[PDB]
K.L.:
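We have in hand a structure of Lanosterol 14-alpha demethylase carrying fluconazole.
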Amino acid sequence: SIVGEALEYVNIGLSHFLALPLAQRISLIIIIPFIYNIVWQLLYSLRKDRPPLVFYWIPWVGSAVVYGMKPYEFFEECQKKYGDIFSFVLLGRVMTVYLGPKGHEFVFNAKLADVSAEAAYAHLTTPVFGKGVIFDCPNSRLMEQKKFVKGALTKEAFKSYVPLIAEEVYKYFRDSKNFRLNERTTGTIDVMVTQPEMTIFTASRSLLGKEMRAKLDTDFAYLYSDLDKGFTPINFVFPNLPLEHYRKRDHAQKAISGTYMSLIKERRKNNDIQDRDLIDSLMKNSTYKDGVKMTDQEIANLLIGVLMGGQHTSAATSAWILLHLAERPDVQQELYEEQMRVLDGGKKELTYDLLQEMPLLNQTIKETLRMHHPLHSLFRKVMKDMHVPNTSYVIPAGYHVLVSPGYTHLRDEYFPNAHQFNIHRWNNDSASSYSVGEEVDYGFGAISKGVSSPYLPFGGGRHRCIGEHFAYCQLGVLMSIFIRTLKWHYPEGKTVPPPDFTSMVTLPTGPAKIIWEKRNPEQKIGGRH
Ligand code: HEM
Ligand SMILES: OC(Cn1cncn1)(Cn1cncn1)c1ccc(F)cc1F
């Protein structure tokens, strides 16, 4: 009974492996992990304390390509094959998707000890925004940061923001090359050019104030563009690569936060701290409950993240509203009549209160946010093994969970004829959102305890959006003026473009052009320029 010879031949075999030709070795260096990956998956399917895992050929890469380009189609296919809970490999990570309202609850309402947002996002956000805020801090700090920000987002603030936002829109109609309404009565625009510009101008003016708005008229504006490039999904895997893209980003964050700190210190020196904007508010109101004060650097960094986030969600959304209305002159017509009745033929000046009496306008935003959730996927890193209720499934620590309310937004089960733009599905239901029951406070105010609504444009739970009322205010003023001022339509043969899912926000694939026309050719916008 000699197996000793077999053991000798193991060693010999190893020895002959090392002396294979470099061509053969390389081949095996490709072959063996390829093979091994496939046997591992088939073995994984045998487990039943794990959700089904989408099969994939290329190791590490996983389903990144199909998920990257068409996430909702990927989700529908996996849903038919596996049901609502399923996993897939994504550039080194395992993602567990839980679709539908039950998925909303499972992730948005997950215990603080179970999952972590900042563990998923810090590598992306922190380089762009700066240190010490949002995801570069414990959740408890984020909770209070949101409370600080919310303090400049009150109804009284909105009343003062509306005339400011209105001024910026009219100034843009007057002075932008894309319009020049005093010189031209019709023209073609790329909505992906005009809306990011209109969004930053209106949000800067209202949230940051006149000084910071004034800066955007100069070469300074280029830094925001640079900083914008740091906010892409590439940084989700490659956050720091010694290339120019990453230096301009880093330089921008320093440069922009430098500018904000400069204003903060100037105001404090001159005792010029009032109730004008978000800067005044954070200067007066940014002490944590343990007594630690946010630094001027942290305040500036928080300003960047808040403005940047709201920039991309809002610009994408106003772009979609215009693009959907471009093929619906019936809806423009209906929106226009509401403007005439509420504002008395346009003789009343637009106020925040009058905005609230424009349900069809507000429903149009609501419906656009249904068909185009700006964030198609939201992530959490799983910090300890989670048991999926009413299943035998366990999501181990190290996995990521992925929730997608935008997907449910497009399901016929919850929204009949979901792929049809219909603002009237929200008749007598024009609120941006609301809790249909019990509430809870995570540190930034009472919000809905349940997150099982099939409509969740602003998420839910501790990470829930706090910019929703600002977004409706901004989008409301913007669309109210667009409607009263212009009609618009598609170039012949053009229709609503498909989403570009490959960016951080699900903006339309551009260029996406519409043709505008003045409702009143002779109308003039006053002021100097
Ligand atoms: C159409 C407009 C917007 C939509 C649809 C939207 C959507 C969302 C969603 C879904 C989340 C939750 C993310 C998650 O659960 O992982 C969120 C969080 C947040 N958003 Fe918004 N947002 C919008 C505009 C804004 C604006 C205008 C601001 C600021 C002025 C803003 C600031 C924030 C903040 C501070 C959070 C908290 C992030 C966290 O706690 O993890 N958003 N938003
Ligand atoms: O939630 C975001 C970050 N994010 C998550 N997936 C993709 N981007 C986006 N966002 C949501 N509303 C507005 N922006 C965010 C949250 C807070 C924030 F300050 C910035 C920021 F980008």
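We're numbering straight along the sequence, starting at 1. Order of listing sets the numbers, starting from 1, for every ligand and every atom in it.
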K.L.:
Locate fluconazole in the structure and include all copies.
P.N.:
ligand 2
K.L.:
Report all residues and nucleotides of other chains within 4.0 Å of fluconazole (non-hydrogen atoms).
P.N.:
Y121, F129, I134, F231, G305, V306, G309, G310, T313, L375, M504
K.L.:
Of all the non-hydrogen atoms in the protein, which one sits nearest to atom 21 (C) of fluconazole, and at what distance?
P.N.:
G309 CA, 3.9 Å
K.L.:
What protein heavy atom is closest to atom 9 (C) of fluconazole, reported as residue, atom name and distance in Å?
P.N.:
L375 CD1, 4.1 Å
K.L.:
Which residue supplies the protein heavy atom nearest to atom 10 (N) of fluconazole, what is that atom called, and how far is it?
P.N.:
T313 CG2, 4.0 Å
K.L.:
Identify the protein heavy atom lying closest to atom 20 (C) of fluconazole, giving its residue, its atom name and the separation to 0.1 Å.
P.N.:
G305 O, 3.2 Å
K.L.:
Atom 12 (N) of fluconazole: protein heavy atom closer than 4.0 Å?
P.N.:
yes
K.L.:
Does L378 reach fluconazole with a nitrogen or oxygen that is under 3.5 Å from one of the ligand's nitrogen or oxygen atoms?
P.N.:
no
K.L.:
Distance under 4.0 Å to a non-hydrogen atom of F231: what atoms of fluconazole satisfy this?
P.N.:
8 (N), 22 (F)
K.L.:
Could you find the nearest protein heavy atom to atom 5 (C) of fluconazole and give me its residue, atom name and distance?
P.N.:
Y121 CE2, 3.7 Å
K.L.:
Could you tell me whether atom 2 (C) of fluconazole has a protein heavy atom closer than 4.0 Å?
P.N.:
no
K.L.:
Can you find a protein heavy atom under 4.0 Å from atom 15 (C) of fluconazole?
P.N.:
no
K.L.:
Looking at atom 17 (C) of fluconazole, what's its closest protein heavy atom, distance included?
P.N.:
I134 CG2, 4.7 Å
K.L.:
Quick check for my notes - source organism of chain A in the deposit?
P.N.:
Saccharomyces cerevisiae (strain YJM789)
